[PDB]
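Featured here: a structure holding nirmatrelvir (bound form).
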Amino acid sequence: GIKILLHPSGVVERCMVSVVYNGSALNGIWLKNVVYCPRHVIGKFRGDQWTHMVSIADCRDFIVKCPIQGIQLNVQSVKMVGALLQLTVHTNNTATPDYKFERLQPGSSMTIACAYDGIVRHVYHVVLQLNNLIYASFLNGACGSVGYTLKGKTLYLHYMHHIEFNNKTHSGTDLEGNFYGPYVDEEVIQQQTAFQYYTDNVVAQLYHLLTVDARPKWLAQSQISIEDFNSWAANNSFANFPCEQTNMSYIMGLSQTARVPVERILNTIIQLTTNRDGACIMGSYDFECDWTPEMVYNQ
Amino acid sequence: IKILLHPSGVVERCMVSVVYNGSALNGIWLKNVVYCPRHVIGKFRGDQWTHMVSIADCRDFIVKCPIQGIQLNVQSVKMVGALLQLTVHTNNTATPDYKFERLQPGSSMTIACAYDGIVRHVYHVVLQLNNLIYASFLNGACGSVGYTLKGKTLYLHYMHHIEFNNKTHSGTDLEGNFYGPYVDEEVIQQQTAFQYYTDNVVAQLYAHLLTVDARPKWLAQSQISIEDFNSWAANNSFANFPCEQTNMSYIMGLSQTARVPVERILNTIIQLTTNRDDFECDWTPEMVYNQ
Ligand SMILES: *C(=N)[C@H](C[C@@H]1CCNC1=O)NC(=O)[C@@H]1[C@@H]2[C@H](CN1C(=O)[C@@H](NC(=O)C(F)(F)F)C(C)(C)C)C2(C)C
Ligand SMILES: *C(=N)[C@H](C[C@@H]1CCNC1=O)NC(=O)[C@@H]1[C@@H]2[C@H](CN1C(=O)[C@@H](NC(=O)C(F)(F)F)C(C)(C)C)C2(C)C
């Protein structure tokens with residue numbers, strides 16, 4: 001079958017820690033001898049107050065515990081890197097994997113290890129949207145939770161949570177400390193660019209054809225050219241196709257398996273915007289960007 | 001509101017590879033017992049299993065725990081249901097508090113799809129009323145487990161055995177008993193006709209109302225009573241509502257948040273019949289409401 005595949009969370013569970021500072025509690029990840037955590041654990045500061053407040057923060061006020069390894073950590077140094085804190089600790093984490101800090105592009109997926117008090121409670125799957133937000137699920141204390149992928153034995157850290165907006169959207173930084181999109185870790189009202197479907201992923205969602213119904217009734221009989229679709233997409237909140245040229249090899253492979261050219265899929269998308277009438281496609285009632293062409297093709 | 005899965009670390013530390021005379025699959029290592037599917041010893045049927053198990057030399061079960069870098073030695077072999085219980089000399093220090101809990105249809109679990117004793121993927125399934133799960137497995141994936149977590153207690157529900165022609169999958173609980181009338185034999189087996197788990201269909205529609213679009217246009221404008229729905233359900237492949245009385249509290253709470261009564265949802269289910277002329281029961285009302 002074709003499923004949403006999550007990367008196993010064990011390697012991340014053993015590096016998670018809890019970070020508590022003067023009544024404020026969240027999560028951090030412990031790699032080598034450094035704990036990375038959101039900087040707002042020491043207060044709800046604004047603009048350019050961060051550098052001074054971090055320079056004033058007492059290292060002994062950072063209470064860091066790694067619950068699975070059952071040991072307490074002692075912060076020797078604090079250094080702000082971007083919107084993250086780098087608390088250098090005395091002990092090296094023997095569970096540290098081979099890792100790399102890798103920034104995600106919009107339309108790519110990752111597994112979220114959503115933790116509380118340094119303990120992973122739930123894992124789930126998200127895709128970075130074109131507004132540079134993720135549609136995740138977080139409560140108080142969930143900040144510091146990470147989004148990641150795995151390739152062999154290497155852990156690819158992509159994301160660390162900071163903030164939730166009014167419409168239950170979520171924003172954070174990569175592990176080098178830079179936010180996705182223009183959002184910041186402040187309680188101010190921040191503008192959001194209008195939503196736009198990642199067209200490659202919606203196409204991968206319809207390619208349902210391979211697991212649910214090879215010939216559904218809502219699948220268009222006629223084709224539309226990529227170019228004619230892209231003129232329509234500009235006025236209907238769909239990104240220009242293809243969003244990534246590398247997805248074309250996956251999409252071409254899916255088209256041969258399903259025996260349905262992508263031009264029919266694209267024209268199905270156009271018709272569905274006025275014809276869907278509650279149709280359920282790959283188990284969802286709307287267009288979803290969670291299915292990437294790579295995951296659907298490779299599994 | 002997301003599909004929530006349970007973290008796989010505790011399961012990862014317990015997985016092992018079981019290889020027997022060229023047949024390779026997975027097992028789980030709890031205390032001093034490795035649990036694996038029995039067909040690793042060969043393709044037998046009916047009541048052949050008992051005798052064939054008792055002549056299998058324990059030295060032929062090559063058992064490795066790749067996470068801990070350990071190779072285990074089987075001391076004795078016991079068949080419990082359709083599972084082998086391989087007693088090993090070493091106790092697994094990573095063993096958690098665990099329970100063998102049987103799943104009822106309509107409940108969810110997390111699958112730790114493994115190969116060579118190493119978890120490769122983690123994905124979500126709901127046991128359907130035909131007692132099958134719609135999963136994804138390749139050769140050597142047998143012995144993969146389905147689980148949930150309540151704190152740090154590992155609840156084991158499923159161990160994988162067989163894949164049917166329509167990419168349904170069947171297996172046993174950890175006591176060794178299959179879900180439904182399916183067995184570990186390479187023959188055509190009749191299937192329970194599909195039936196929609198109505199509690200989950202209701203839960204998914206509420207999840208859509210509470211995230212994407214409250215009041216879409218295909219929403220039913222008028223109510224239908226629970227009783228009148230159940231008379232329709234009996235002739236239209238939908239289970240009697242509610243499927244679990246304990247789901248009513250979740251469903252009524254979701255109806256209040258979305259401000260749409262469940263009677264309207266049930267009537268929407270009916271009017272959507274033409275669209276159906278699958279994967280509609282993957283959201284349980286507990287997962288939707290709690291998060
Ligand atoms: C860190 N653990 C939390 C995670 C939040 C809590 C609710 N759901 C989540 O994902 N992050 C925060 O508490 C950050 C933190 C102060 C306020 N904040 C928010 O996420 C707030 N949002 C906003 O102010 C908004 F809307 F502008 F984005 C909150 C109202 C609590 C959701 C700071 C420093 C931004
Ligand atoms: C155990 N590792 C595999 C898991 C399979 C491999 C492909 N996808 C899976 O889920 N299970 C088996 O190899 C079992 C095993 C012999 C045959 N078998 C099957 O799953 C086969 N299916 C059937 O026999 C069917 F469809 F008729 F039910 C197979 C054709 C290989 C998929 C035994 C002893 C049943």
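Lettering of chains follows the sequences in order, A, B, ..., and the numbering in each one begins at 1. When a ligand or atom number is given, it counts from 1 through the structure's own listing order. Excluded from the calculations below are hydrogen atoms, water molecules and symmetry mates; all remaining heavy atoms, backbone and side chain alike, are included.
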Quick one: which ligands or chains go with nirmatrelvir (bound form)?
ligands 1 and 2
Any idea which macromolecule nirmatrelvir (bound form, ligand 1) contacts most in this entry, and what the PDB entry calls it?
3C-like protease
Which other chains are in heavy-atom contact (under 4.0 Å) with nirmatrelvir (bound form, ligand 1)?
A
Can you name the atoms of nirmatrelvir (bound form, ligand 1), numbered from 1 with element, that are less than 4.0 Å from a heavy atom of A:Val188?
27 (F)
Under 4.0 Å from a heavy atom of A:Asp185: give me the atoms of nirmatrelvir (bound form, ligand 1) that qualify, with their elements.
34 (C), 35 (C)
Within a distance under 4.0 Å of any heavy atom of A:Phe138, pick out the atoms of nirmatrelvir (bound form, ligand 1) and give their elements.
8 (N), 9 (C), 10 (O)
Residue portion contacting nirmatrelvir (bound form, ligand 1) (non-hydrogen atoms closer than 4.0 Å) for A:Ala142:
backbone
For nirmatrelvir (bound form, ligand 1), is A:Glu186 a contact, meaning one of its heavy atoms is under 4.0 Å away?
yes
Which other ligands and ions fall below a cut-off of 4.0 Å from nirmatrelvir (bound form, ligand 1)?
none
Mind telling me which species the deposit lists for chain A?
Porcine deltacoronavirus
Which residue and atom does the covalent bond from nirmatrelvir (bound form, ligand 1) terminate on, if one is modeled?
A:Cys143 SG
Relative to atom 28 (F) of nirmatrelvir (bound form, ligand 1), which among A:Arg39, A:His40, A:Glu164 owns the nearest non-hydrogen atom?
A:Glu164
What part of A:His162 sits under 4.0 Å from nirmatrelvir (bound form, ligand 1) if we count only heavy atoms: the side chain, the backbone, both or neither?
backbone
Give the numbers and elements of all nirmatrelvir (bound form, ligand 1) atoms closer than 4.0 Å to a heavy atom of A:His170.
10 (O)
I need the atoms of nirmatrelvir (bound form, ligand 1) closer than 4.0 Å to a non-hydrogen atom of A:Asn140, numbered in the order shown.
6 (C), 7 (C)
Determine whether any heavy atom of A:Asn27 lies closer than 4.0 Å to an atom of nirmatrelvir (bound form, ligand 1).
no
Which of the numbered atoms in nirmatrelvir (bound form, ligand 1) are below 4.0 angstrom from a heavy atom of A:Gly141?
2 (N)
Any N/O of A:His161 closer than 3.5 Å to an N/O of nirmatrelvir (bound form, ligand 1)?
yes
Relative to nirmatrelvir (bound form, ligand 1), is A:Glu187 under 4.0 angstrom through side chain, backbone, both or neither, heavy atoms considered?
both
Is any N or O atom of A:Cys143, backbone or side chain, closer than 3.5 Å to an N or O atom of nirmatrelvir (bound form, ligand 1)?
yes
Which residues from the surrounding chains have any heavy atom less than 4.0 Å away from nirmatrelvir (bound form, ligand 1)?
A:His40, A:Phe138, A:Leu139, A:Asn140, A:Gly141, A:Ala142, A:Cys143, A:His161, A:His162, A:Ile163, A:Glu164, A:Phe165, A:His170, A:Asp185, A:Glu186, A:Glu187, A:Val188
